[PDB]
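Caption: PDB structure containing fosmidomycin.
All chains are named by letter (A, B, ...) in the order of the sequence lines, taking the proteins before the strands, and each is independently numbered beginning at 1. Just so you know, ligand 1 is whichever comes first in the structure, and atom 1 is the first atom listed for that ligand.
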Number of protein chains: 2
Amino acid sequence: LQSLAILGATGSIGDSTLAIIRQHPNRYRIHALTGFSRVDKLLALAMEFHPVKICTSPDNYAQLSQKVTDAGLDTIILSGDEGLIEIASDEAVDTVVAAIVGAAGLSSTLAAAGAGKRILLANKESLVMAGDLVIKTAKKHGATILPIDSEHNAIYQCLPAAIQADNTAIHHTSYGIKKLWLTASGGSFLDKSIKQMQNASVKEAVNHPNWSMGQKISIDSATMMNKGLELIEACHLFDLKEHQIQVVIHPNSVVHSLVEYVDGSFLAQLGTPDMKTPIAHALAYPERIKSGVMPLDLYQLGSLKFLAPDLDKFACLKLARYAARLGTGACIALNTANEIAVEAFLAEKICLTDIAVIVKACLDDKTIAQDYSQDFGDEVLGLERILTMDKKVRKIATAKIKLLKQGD
Amino acid sequence: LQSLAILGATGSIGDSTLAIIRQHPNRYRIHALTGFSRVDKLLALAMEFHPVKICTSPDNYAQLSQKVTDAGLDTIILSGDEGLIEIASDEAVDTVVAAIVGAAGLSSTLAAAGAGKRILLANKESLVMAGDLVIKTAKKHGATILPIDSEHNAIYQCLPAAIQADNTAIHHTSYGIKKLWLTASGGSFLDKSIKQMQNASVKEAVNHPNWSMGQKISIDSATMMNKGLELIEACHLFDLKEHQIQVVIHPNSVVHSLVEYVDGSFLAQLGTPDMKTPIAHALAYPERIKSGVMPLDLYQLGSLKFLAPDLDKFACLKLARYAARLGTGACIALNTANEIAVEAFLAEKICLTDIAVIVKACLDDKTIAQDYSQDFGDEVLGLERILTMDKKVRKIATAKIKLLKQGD
Ligand SMILES: NC(=O)c1ccc[n+]([C@@H]2O[C@H](COP(=O)([O-])OP(=O)(O)OC[C@H]3O[C@@H](n4cnc5c(N)ncnc54)[C@H](O)[C@@H]3O)[C@@H](O)[C@H]2O)c1
Ligand SMILES: NC(=O)c1ccc[n+]([C@@H]2O[C@H](COP(=O)([O-])OP(=O)(O)OC[C@H]3O[C@@H](n4cnc5c(N)ncnc54)[C@H](O)[C@@H]3O)[C@@H](O)[C@H]2O)c1
Ligand SMILES: O=CN(O)CCCP(=O)(O)O
Ligand SMILES: O=CN(O)CCCP(=O)(O)O
Ligand SMILES: [Mg+2]
Ligand SMILES: [Mg+2]
């Protein structure tokens, strides 16, 4: 049985992964599950799956340990980043599903690449922040990365075998890859005024017509920063630069992305927008298995729309491309600034449209820009350099926010 | 240089193939070209490409031989089926592009499979009439068949490598193929009354909103018999039965077909509707090359529509499925009856809607049905059995036509 560690098992992605595991009992073995806040849910999962190890936040380690011994499970309990690193590099784990949101998922993603694991990547902030380091580290140790993110999973499915195996093979012109097309729903405000986004409630922004997801990715979809980040994720995953990856607005969320070839062929993945499809694909690869989705019904589709992005309205996307060209430092500035203006939007401290302002101000800040020219990809020293800039952007972005609520 | 024989070089498919050859001068060598009626065009091609051999109709052999000696080419001239068989099995030919329309292309398609060639198949009537025989013969001698037909080329592009190599691999459930979806434009009368198809001029039926093609395939698209035939072609190519292949109406002709997988993934090929894309793909396979098409612009797409087939209105499609289930005899009855009611529609002897009547009457005719249980796939005797039934359906369909213009 393929041994699984599911980092971030209590969230949206975790739910879908587990929904597939329950359909395929004697194919996968759960070795570990992790959860930051939802201690009871993690316990309920523990009791269901009898995992060898679980990990939670340090604030909950004691509480959860009591509850696990009280339930008489053999389960080892772990806490913090230290626990995640352990599970991610555990000799007994074959496959890691990286579903921790944000930067918090970076160190365990690396540990997994360092340990040579099969990694199923949901956690895109890992690649936006440490793409060179993660891929380099993975290549060096024999880790395979398969993307779970819909768009990337689509693209991956639409790529010849040799380029799934080795992403550098994509520069051999025989394979004829021209460019990659990322589909974007346009989010909750696509078809609404600039003015109306300004006054968006969290309830409006957080709820998406086609997808049910975590809070963060949800907001990122509303501003289109999600595509931004996906743009940078794609560059690392498929070993390309941003000019080779373009974005098309597609509100139906049926077409999940395309690969354009030199002969005129666009290979695309279509499906109902349900993350069990890409998770299932990535779990069973190179085989396939039933996912439990309700399949897309082509008869009732109606009309699938396509539309160029409106960049004035979705500045987050302009700014992500700009950052992708600047390299890893600017992508960190990008992602972290954005991580901060999201905690801030959901806390109701800024407007939705303020997410763009904070992120630019951060990309164009002189104190942030000093670190753009650093070697964030050094095998020994890249990690501390990435985290230090993280802490730094955290401070400055926080400062920018406070400054804005009055004036600069 | 890959040596090419282009059977049917003067038609629509031939034009597109050659348009690609002219873009790729030192990749492909033209060893042979063939043309039935258009002697001057065949000559002009001869002078352009200095082929080793060409073949024409028997009625033109003398005329063309004079003209070739008058122009001082070294080119060997051939005639009739005998000439096609020779070119198709020529020791010096690597690749055969099978683009003769109708049943007339069957014997040379077989000769090419018998000789173990790489075959690029446009000519779908070959598989509708002798699918088992062609595939069996190909497998036995090491011939590779790559489809040029848009839908089949799309499906092929959307299939894993192992199933492109060996079509029987598709029954291994690991690969997770659920079903194949054939897209159909719905033709010139999709959005028009039954009543208005009745009175269709040849000019209406022959001209297609999105495609420029030969006359026959053009009419077949109007009645939707083209999808019928494509349905049977798909069964042989991909080694499935008709229940596994469904049809969706898609008027934009952008999405060219899909492959549905068990996890919910639909892989589809999109592109501007231009046969240079699939020809180019098939020529360079497993590599890719520029095709000279103007690529699809996703920004200006608008809305791609999808719609269930209206089977009352497109009886030809009901009847093809029925025939696919009946087996090869009924497919011959189907294809030939249809070949006859097309010569008859374009000659202005029957109504467009009469194509359906003639073909049913032929499928349900007791004299035709006697031969349904024959072994059309016997390596020694299948070919004469296929041609005899052809001649027979030709006679009876002709009779049915004459009968209808008065009454049965
Ligand atoms: N939700 C989707 O459908 C979807 C689609 C594509 C990509 N993704 C990506 O997958 C990842 C997870 O997204 P999600 O929507 O499931 O997130 P979520 O908000 O549902 O939470 C995910 C998990 O992260 C854990 N977590 C949160 N903060 C943590 C911390 N500081 N340390 C350790 N663990 C922590 C939570 O306990 C939870 O199990 C993200 O990177 C997201 O961008 C999600
Ligand atoms: N035209 C397209 O875009 C297209 C698309 C998909 C499939 N196809 C298929 O490819 C094949 C070619 O179609 P097309 O539209 O290019 O045809 P066409 O009518 O334009 O050309 C047919 C070719 O075959 C030759 N031919 C015709 N009758 C013959 C006979 N009785 N004996 C010997 N040779 C003969 C002609 O000389 C000509 O070169 C058909 O089977 C068609 O269904 C064509
Ligand atoms: O992989 C799935 N997602 O990231 C959800 C996408 C929401 P968006 O298409 O509006 O970016
Ligand atoms: O391969 C291309 N064609 O067969 C032209 C198809 C026209 P249709 O979609 O109405 O069958
Ligand atoms: Mg995504
Ligand atoms: Mg076709």
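The parts of the structure that belong to fosmidomycin are ligands 3 and 4. Short version: main partner of fosmidomycin (ligand 3), named per the PDB entry, is 1-deoxy-D-xylulose 5-phosphate reductoisomerase.
At a heavy-atom cut-off of 4.0 Å, other chains contacting fosmidomycin (ligand 3): A.
Under a 4.0 Å non-hydrogen cut-off, the residues that form the binding site of fosmidomycin (ligand 3) are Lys124(A), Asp149(A), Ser150(A), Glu151(A), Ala184(A), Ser185(A), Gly186(A), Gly187(A), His208(A), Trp211(A), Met213(A), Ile217(A), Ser221(A), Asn226(A), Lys227(A), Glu230(A), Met275(A).
Near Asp149(A), the atoms of fosmidomycin (ligand 3) lying under 4.0 angstrom from a non-hydrogen atom of the residue are 1 (O), 2 (C), 4 (O).
For atom 4 (O) of fosmidomycin (ligand 3), the closest heavy atom belonging to the protein is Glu230(A) OE2, 3.0 Å. For fosmidomycin (ligand 3), the polar-atom distance check finds no N/O of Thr183(A) at less than 3.5 Å from any of the ligand's N/O atoms. In this structure, atom 3 (N) of fosmidomycin (ligand 3) lies nearest to the protein heavy atom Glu151(A) OE2, 3.8 Å. The distance from fosmidomycin (ligand 3) to the heavy atoms of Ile217(A) drops below 4.0 Å at these ligand atoms: 4 (O).
Between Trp211(A) and fosmidomycin (ligand 3), no N or O atom pair is found at a separation short of 3.5 Å. The nearest protein atom to atom 8 (P) of fosmidomycin (ligand 3), hydrogens excluded, is given as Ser221(A) OG, 3.5 Å; this is a heavy-atom distance. At least one N/O-N/O distance between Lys227(A) and fosmidomycin (ligand 3) falls below 3.5 Å. Given atom 5 (C) of fosmidomycin (ligand 3), the protein heavy atom at minimum distance is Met213(A) SD, 3.5 Å. The entry gives the source of chain A as Moraxella catarrhalis.
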Report each N/O pair between fosmidomycin (ligand 3) and the protein that falls under 3.5 Å, naming both atoms.
{"residue": "fosmidomycin (ligand 3)", "atom": "1 (O)", "partner": "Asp149(A)", "partner atom": "OD1", "Å": "2.7"}
{"residue": "fosmidomycin (ligand 3)", "atom": "1 (O)", "partner": "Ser150(A)", "partner atom": "N", "Å": "3.2"}
{"residue": "fosmidomycin (ligand 3)", "atom": "1 (O)", "partner": "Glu151(A)", "partner atom": "OE1", "Å": "3.2"}
{"residue": "fosmidomycin (ligand 3)", "atom": "4 (O)", "partner": "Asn226(A)", "partner atom": "ND2", "Å": "3.1"}
{"residue": "fosmidomycin (ligand 3)", "atom": "4 (O)", "partner": "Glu230(A)", "partner atom": "OE2", "Å": "3.0"}
{"residue": "fosmidomycin (ligand 3)", "atom": "9 (O)", "partner": "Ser185(A)", "partner atom": "N", "Å": "3.1"}
{"residue": "fosmidomycin (ligand 3)", "atom": "9 (O)", "partner": "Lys227(A)", "partner atom": "NZ", "Å": "3.3"}
{"residue": "fosmidomycin (ligand 3)", "atom": "10 (O)", "partner": "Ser185(A)", "partner atom": "N", "Å": "3.4"}
{"residue": "fosmidomycin (ligand 3)", "atom": "10 (O)", "partner": "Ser185(A)", "partner atom": "OG", "Å": "2.5"}
{"residue": "fosmidomycin (ligand 3)", "atom": "10 (O)", "partner": "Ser221(A)", "partner atom": "OG", "Å": "2.7"}
{"residue": "fosmidomycin (ligand 3)", "atom": "11 (O)", "partner": "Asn226(A)", "partner atom": "ND2", "Å": "2.8"}
{"residue": "fosmidomycin (ligand 3)", "atom": "11 (O)", "partner": "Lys227(A)", "partner atom": "NZ", "Å": "3.0"}

